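A look at one PDB structure holding pamidronate.
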Amino acid sequence: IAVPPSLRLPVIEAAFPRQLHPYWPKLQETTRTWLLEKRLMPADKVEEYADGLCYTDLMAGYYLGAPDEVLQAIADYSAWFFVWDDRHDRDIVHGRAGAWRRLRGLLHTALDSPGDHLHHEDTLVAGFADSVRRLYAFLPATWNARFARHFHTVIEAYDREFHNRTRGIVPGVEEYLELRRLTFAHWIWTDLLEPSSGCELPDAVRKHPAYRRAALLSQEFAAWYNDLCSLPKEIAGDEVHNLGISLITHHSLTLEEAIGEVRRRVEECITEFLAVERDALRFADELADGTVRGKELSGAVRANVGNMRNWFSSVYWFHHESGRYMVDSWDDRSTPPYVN
Ligand SMILES: NCCC(O)(P(=O)(O)O)P(=O)(O)O
Ligand SMILES: [Mg+2]
Ligand SMILES: [Mg+2]
Ligand SMILES: [Mg+2]
């Protein structure tokens, strides 16, 4: 309830009130069981840590209005995503370049044919395939293909991160901001707005400048606020990918100065979002031209922009609730207790 001053965003607390999807209690346990049954974490670590990681809370505060089974698929995928980030980190730390390379190729393949990988020997690949197959069942194949196109790009950004960290390369500020839109998977979360509101948006709608800019700002806030909040753990873990680190490294900023510059950029996302949110909601109003399809399109854009806004509050409170970032409570600050 009380946020550290250096992380506190009064505009979020006053103007972005938290929302919670009514399915969240069953969501929490169902994802916990999925992590167990897919063997994505040891049973000991699931029982001790899964709930305290707040992964399902993060999604349940974001995709409001989603059908229960859509939110379940999203939450399982999101938990898988955190575990994949953990495997990526461990492969880097132990120099398992071959294991990472093979996983990367398997994920590319599984992304295009998830059914063929539902029982793969690698449980991380099998869990990926199961979540992706379920996400592919909600909307037409044209949405499935866009999801895959986007996630192929994400996988390759993770590979670039692998190269950067093994070689000890800190990306430039602009290089990093470009790469961060892919490692954070901006466009996957944006894609998943549409099954949550039940509608694949035509390209002309979702590429409207107000929709695109609202969608961008929501994810930039989420990624850069994560950078601000995960900075201690990431410095502790020899992580190089973080806006603050790029600023210290290439703009010769101190730690206090870089934190302040990240904080400022986070705050600007909020007020930039508020301005373009008005345009995006005017756009939704214009889509209701009187036809049945127009009303559905209008409702779906409104829902999605609504959830772009919810992302701000969900991500904010998640970083203060989740055990994932409490580096100060670990016996080994470079080894989070929840990774294998
Ligand atoms: N994308 C989820 C994982 C992260 O946000 P986290 O800071 O490790 O929790 P990353 O910074 O690796 O992207
Ligand atoms: Mg990480
Ligand atoms: Mg990462
Ligand atoms: Mg981070």
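Residues: numbered from 1 along the sequence shown. Hydrogens, waters and symmetry mates are skipped; everything else that's a heavy atom, side chains included, is used. Indexing begins at 1, ligand by ligand and atom by atom, following the structure's order.
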Pamidronate: ligands or chains: ligand 1
Most-contacted chain for pamidronate, named by the PDB entry: epi-isozizaene synthase
Nearest-contact summary for atom 3 (C) of pamidronate - protein heavy atom, Å: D85 OD2, 3.5 Å
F82: numbered pamidronate atoms lying under 4.0 Å from its heavy atoms: 2 (C)
Cut-off 4.0 Å: other ligands and ions near pamidronate: ligand 2 (magnesium ion), ligand 3 (magnesium ion), ligand 4 (magnesium ion)
Pamidronate contacted by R180 (non-hydrogen, < 4.0 Å): yes
Atoms in pamidronate flagged as close to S230, the criterion being non-hydrogen separation under 4.0 Å: 7 (O)
Region of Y325 engaging pamidronate - heavy atom pairs below 4.0 Å: side chain
Which segment of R324 sits under 4.0 Å of pamidronate when only heavy atoms are counted: side chain
Location of contacts on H319 toward pamidronate, heavy atoms closer than 4.0 Å: neither
Within-shell test, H88 vs pamidronate, heavy atom, strictly < 4.0 Å: no
Pamidronate atoms in contact with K233 (distance to a heavy atom under 4.0 Å): 6 (P), 7 (O), 8 (O)
Contact (N/O only, under 3.5 Å) between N226 and pamidronate: yes
Residues within 4.0 Å of pamidronate (heavy atoms): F82, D85, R180, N226, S230, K233, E234, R324, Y325
Note down each nitrogen or oxygen pair, pamidronate side and protein side, whose separation is under 3.5 Å; give only atom names and the distance to 0.1 Å.
residue     : atom   : partner : partner atom : Å
pamidronate : 5 (O)  : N226    : OD1          : 3.2
pamidronate : 5 (O)  : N226    : ND2          : 3.2
pamidronate : 7 (O)  : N226    : OD1          : 3.1
pamidronate : 7 (O)  : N226    : ND2          : 3.1
pamidronate : 7 (O)  : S230    : OG           : 3.3
pamidronate : 7 (O)  : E234    : OE2          : 3.0
pamidronate : 8 (O)  : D85     : OD2          : 3.2
pamidronate : 8 (O)  : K233    : NZ           : 2.9
pamidronate : 8 (O)  : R324    : NH2          : 3.1
pamidronate : 9 (O)  : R324    : NE           : 2.6
pamidronate : 9 (O)  : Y325    : OH           : 2.7
pamidronate : 11 (O) : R180    : NH2          : 3.1
pamidronate : 11 (O) : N226    : OD1          : 3.0
pamidronate : 11 (O) : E234    : OE2          : 2.9
pamidronate : 12 (O) : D85     : OD1          : 3.1
pamidronate : 12 (O) : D85     : OD2          : 3.1
pamidronate : 13 (O) : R180    : NH1          : 2.7
pamidronate : 13 (O) : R180    : NH2          : 3.4

